[PDB]
Asker: 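Notes on a complex, durlobactam (bound form) with Beta-lactamase.
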Amino acid sequence: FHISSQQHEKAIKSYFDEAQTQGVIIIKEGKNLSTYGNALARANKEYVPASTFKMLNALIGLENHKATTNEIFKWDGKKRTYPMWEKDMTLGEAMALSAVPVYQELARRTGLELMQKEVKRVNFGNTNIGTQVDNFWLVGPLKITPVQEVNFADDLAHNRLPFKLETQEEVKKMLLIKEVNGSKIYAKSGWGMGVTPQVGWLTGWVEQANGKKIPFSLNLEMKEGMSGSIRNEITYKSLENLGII
Ligand SMILES: *C(=O)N1C[C@H](NOS(=O)(=O)O)C=C(C)[C@H]1C(N)=O
């Protein structure tokens, strides 16, 4: 509270500087958006959502009865990119493992026509899914800005998306990634590997002990031989530096 704004800005900038990348973290407090990091002009640029799209894919599939939260999506027995994905799992387990095949199956069940209408109805990013129902969030044409991502998180955190309360609660349940002091962090990571440069995301919110929710979206460039966990590490250091956790 005695810490100056200049010092907070310099500290958060230094976390991106030390990771040797370029990025931002946008923090929302009520209606006010604060942009931190070492590349502030990223805030209104469009990037593929990559696996952050699982949040919406889940809302859509549950709302439209394409799956339930208890349903087991069977592994087809084919080799996957990660061994951890070679198993049968729920949507919730697949969210935590970020198992793309499960979410591609969900997207196929939803189908292109319904997916396009639902993405349009929620006004997510540029709202364009093109003609390929199973990869539109990974390689384009769907794009979204870091400001749009944090505003999406804010909407979900406060149950303002146009889905049933229950549907929003089911998906939020799936997004708990960390508890620190009395605070819970709900978020989804994203890593656009099929585009150049690659984009890294961690979008979510903090629920504080008192019940206040502070949405955030980290957005940065993922570089060759960078670990996925740098997204989490920069996020947790930034939130701690600002006294949010
Ligand atoms: C999502 O953006 N994914 C699926 C998987 N997990 O991504 S995550 O690290 O953001 O949670 C791995 C990917 C590289 C990526 C993808 N494009 O398939």
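Positions are given from 1 along the sequence. Order of listing sets the numbers, starting from 1, for every ligand and every atom in it. Just so it is clear, the values below take in all heavy atoms, side chains as well, and ignore hydrogens, waters and symmetry mates.
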Asker: Which residues form the binding site of durlobactam (bound form, ligand 1) when counting heavy atoms under 4.0 Å?
Answerer: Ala50, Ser51, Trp85, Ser98, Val100, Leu138, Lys188, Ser189, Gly190, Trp191, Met193, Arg231
Asker: Which residue supplies the protein heavy atom nearest to atom 12 (C) of durlobactam (bound form, ligand 1), what is that atom called, and how far is it?
Answerer: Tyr82 OH, 4.3 Å
Asker: So, is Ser98 polar-close to durlobactam (bound form, ligand 1), with some N/O to N/O distance under 3.5 Å?
Answerer: yes
Asker: Short list, please: which atoms of durlobactam (bound form, ligand 1) are under 4.0 Å from a heavy atom of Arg231?
Answerer: 8 (S), 9 (O), 10 (O)
Asker: Among protein heavy atoms, which lies nearest atom 3 (N) of durlobactam (bound form, ligand 1), and at what distance?
Answerer: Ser51 OG, 2.5 Å
Asker: Would you mind running through durlobactam (bound form, ligand 1) and noting each atom that sits below 4.0 Å from a heavy atom of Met193?
Answerer: 14 (C)
Asker: In the protein, what heavy atom is nearest to atom 15 (C) of durlobactam (bound form, ligand 1), and what distance, to one decimal place, separates them?
Answerer: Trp191 O, 3.2 Å
Asker: Any idea which atoms of durlobactam (bound form, ligand 1) are less than 4.0 Å away from a heavy-atom of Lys188?
Answerer: 11 (O)
Asker: Is a covalent adduct between durlobactam (bound form, ligand 1) and a chain modeled, and at which residue and atom?
Answerer: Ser51 OG
Asker: Which durlobactam (bound form, ligand 1) atoms does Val100 reach within 4.0 Å, using its non-hydrogen atoms?
Answerer: 4 (C), 18 (O)
Asker: For durlobactam (bound form, ligand 1), is there an N or O atom under 3.5 Å from any N or O atom of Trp85?
Answerer: no
Asker: Under 4.0 Å from a heavy atom of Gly190: give me the atoms of durlobactam (bound form, ligand 1) that qualify, with their elements.
Answerer: 2 (O), 10 (O)
Asker: For durlobactam (bound form, ligand 1), which atoms have a heavy atom of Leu138 less than 4.0 angstrom away?
Answerer: 17 (N)
Asker: For atom 11 (O) of durlobactam (bound form, ligand 1), what is the closest protein heavy atom, and at what distance to 0.1 Å?
Answerer: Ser189 OG, 2.5 Å
Asker: Please tabulate, one line per pair, the protein N or O atoms found under 3.5 Å from any N or O atom of durlobactam (bound form, ligand 1), giving the distance to one decimal.
Answerer:
unit_1                             : atom_1 : unit_2 : atom_2 : d
durlobactam (bound form, ligand 1) : 2 (O)  : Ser51  : N      : 2.8
durlobactam (bound form, ligand 1) : 2 (O)  : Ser51  : OG     : 2.2
durlobactam (bound form, ligand 1) : 2 (O)  : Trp191 : N      : 2.8
durlobactam (bound form, ligand 1) : 2 (O)  : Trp191 : O      : 3.2
durlobactam (bound form, ligand 1) : 3 (N)  : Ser51  : OG     : 2.5
durlobactam (bound form, ligand 1) : 6 (N)  : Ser98  : OG     : 3.2
durlobactam (bound form, ligand 1) : 7 (O)  : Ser51  : OG     : 3.3
durlobactam (bound form, ligand 1) : 9 (O)  : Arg231 : NH1    : 3.2
durlobactam (bound form, ligand 1) : 9 (O)  : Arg231 : NH2    : 2.9
durlobactam (bound form, ligand 1) : 10 (O) : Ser189 : O      : 3.4
durlobactam (bound form, ligand 1) : 10 (O) : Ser189 : OG     : 3.2
durlobactam (bound form, ligand 1) : 10 (O) : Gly190 : N      : 2.8
durlobactam (bound form, ligand 1) : 10 (O) : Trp191 : N      : 3.2
durlobactam (bound form, ligand 1) : 10 (O) : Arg231 : NH1    : 2.7
durlobactam (bound form, ligand 1) : 11 (O) : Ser98  : OG     : 3.3
durlobactam (bound form, ligand 1) : 11 (O) : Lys188 : NZ     : 3.3
durlobactam (bound form, ligand 1) : 11 (O) : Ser189 : OG     : 2.5
durlobactam (bound form, ligand 1) : 17 (N) : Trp191 : O      : 3.1

